[PDB]
Every structure is written in C-alpha cells, then in structure tokens.
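One structure is given below, encoded as structure tokens.
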Amino acid sequence: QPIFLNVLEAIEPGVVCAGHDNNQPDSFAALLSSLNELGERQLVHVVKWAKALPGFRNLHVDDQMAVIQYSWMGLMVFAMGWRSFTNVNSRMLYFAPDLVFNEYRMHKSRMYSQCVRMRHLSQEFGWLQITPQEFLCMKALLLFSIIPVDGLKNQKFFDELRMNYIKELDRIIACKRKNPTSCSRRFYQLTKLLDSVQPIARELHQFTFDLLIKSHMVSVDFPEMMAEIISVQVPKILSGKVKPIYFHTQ
Ligand SMILES: C[C@]12CC[C@H]3[C@@H](CCC4=CC(=O)CC[C@@]43C)[C@@H]1CC[C@@H]2O
C-alpha cells in the first residue's frame, strides 16, 4: 500500500478555529488580532504535524525547530489557499470557519494587495487541477524549502530529507502517467507553483514585521509565540540571512 501517502493523510491537521466575533463590525485592529491568534493556534498544529512527518526526526533537534520557524508562513498560506479552493472555490480567503475574508475584509485588513496574491494562489489549485495528494506532498516539501545561507547544524541530513520528498512528489506524478512527457510537464507545473509561494510569504513577512513594530500604536495584539518568531526569526529572512530554495531561477 501507499505508505508515504498513508502517513501524510493520517497526520494532516483538522480544522482550526480563530475565535473571531463575527457579530462585531469589521475593523483593522479586530481582524488582525484575530489573524494573529489564528497564527498562534495554527503554529501548535504545524509543530505537531511537522514532528510526525516521515524522516523528520533524522534532523538535528535545533534544525527541526529552525525549519518550522522559517517555513510556517509559506506552509500556512499554502494550506489556507487549499482550504479556500475546496470550500469556496477561491471566491474568498478561508482563513478559518469563523474567519472568512470577503473583499470588504481584505480592504479593512489593510492587506488587500497581499490578499490578492493569496487568492491568486488559491485559484491555481483549480486552474492546475491539483489533487488532494499532490497538495499533501507539496505542502510537506514547503517545510524543507527555506534555510540559512550559511547552512543548518547538520545540513547533510536536511539535504537527504529534501531529496526524498522531491522523489515522493515525482512518484505521485507518475502513479497515473505512462508517457514521460506528461510527467515532466506536471513536475514543471508543480515546482513552478511551489516557487510562487515564496514571494507571497515574503510580502506577508514584511507586513507582519512592520505591524509588530507598530503594534502598540494601532491596537493590534500579538500572542507570545508570534511576537517571538516575528522579532527573532522573520528578520533573518528579511535581512537575507535565511533564504528560500527555488526550483527555477527567478
Ligand atoms: C502574520 C499574520 C497572522 C497569521 C496569518 C498571516 C496571513 C496568512 C495566515 C494564514 C492562515 O490560515 C493562518 C494565519 C496566518 C499565518 C497574517 C499576516 C499579518 C498577520 O500578522
């Protein structure tokens, strides 16, 4: 049986609530405070999910938390895009069952341009007819798609893991294709899609970083873990010390 895919399906997180009050009028402060809370909650699930991935424990302990803290934005945006596609055909951004963004909220969040890119990603799942299984393997690969320019504690273990997840993606593409030209076209499409997540994540990193710095001035609350990661890890990315791994040369 499909052992790798069996695992990915088994560990996939369930629904996560934001806790937002949908009876109160929309506002920048309320919307972003709710998104930040959702981030804190989702992070807990992402950590447990990551820790349960095949071969994850092969990584040095320090590298395990590092990759999670560098890739969380991309991982969460990719999953949100998938949820939006499956639940509302990318019409709105389905952050959570209790936090669905319509155009009004996209504007009130002062994140309209970023929401546009996130919604575009969501539409790609439909345009490219991405399968639930392709989604699972791609999301797993996103965890191993951003590292320090000077390397990790034990880079060899990481390189081996990333290699194996790329191999599993190629395997999923061939599980219903006889012509190699079709496999190659699909792999090209999927790697392009994966790359497209990085620029979106970077824009969100810049936005949340700026928001944190001025959080006290605009009444936006940041939970413990979010404030830590955004002030300690995110800047490493924005300053170019940690960079995404692209398939194609940008
Ligand atoms: C980082 C952030 C809170 C957490 C948000 C993020 C947008 C992307 C996103 C999608 C999710 O489904 C989980 C929460 C996250 C990860 C928000 C952009 C600015 C805000 O501060």
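Each residue takes its place number in the sequence, starting with 1. All values below come from the heavy atoms of this structure, side chains included, with hydrogens, waters and symmetry mates left out. Start at 1 and go down the list; that is how both ligands and their atoms are numbered.
Of all chains here, the one making more contacts with ligand 1 than any other appears in UniProt as Androgen receptor. Found at ligand 1 is the drug testosterone. The residues lying within 4.0 Å of testosterone, counted on heavy atoms, are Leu32, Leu35, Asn36, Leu38, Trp72, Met73, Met76, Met80, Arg83, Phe95, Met111, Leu204, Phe207, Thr208, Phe222, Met226. Testosterone places these atoms under 4.0 Å from at least one heavy atom of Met80: 12 (O). Remark: minimum distance from atom 18 (C) of testosterone to any protein heavy atom is reached at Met111 CE, 3.6 Å. Protein heavy atom nearest atom 5 (C) of testosterone, with residue, atom name and distance: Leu35 O, 4.3 Å. Applying the 4.0 Å criterion to heavy atoms of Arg83 picks out, from testosterone, the atoms 12 (O). In chain A, the residues that UniProt lists as binding 17beta-hydroxy-5alpha-androstan-3-one and that have a heavy atom under 4.0 Å from testosterone are these: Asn36, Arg83, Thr208. Heavy-atom proximity to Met226, at under 4.0 Å, picks out these atoms of testosterone: 1 (C), 3 (C), 4 (C). Against a heavy-atom cut-off of under 4.0 Å, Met76 is close to the following atoms of testosterone: 12 (O), 16 (C). For atom 15 (C) of testosterone, no protein heavy-atom neighbour is found at a distance under 4.0 Å. With ligand atoms numbered from 1 in the order given, testosterone contributes 1 (C) to contacts under 4.0 Å with heavy atoms of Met73. For atom 3 (C) of testosterone, the closest non-hydrogen atom on the protein side is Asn36 OD1, 3.3 Å. Here the protein heavy atom with the shortest distance to atom 1 (C) of testosterone is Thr208 OG1, 3.3 Å.
If you check which protein heavy atom lies closest to atom 10 (C) of testosterone, you get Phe95 CD2, 3.7 Å.
UniProt assigns most of the residues of chain A contacting testosterone to the domain NR LBD.
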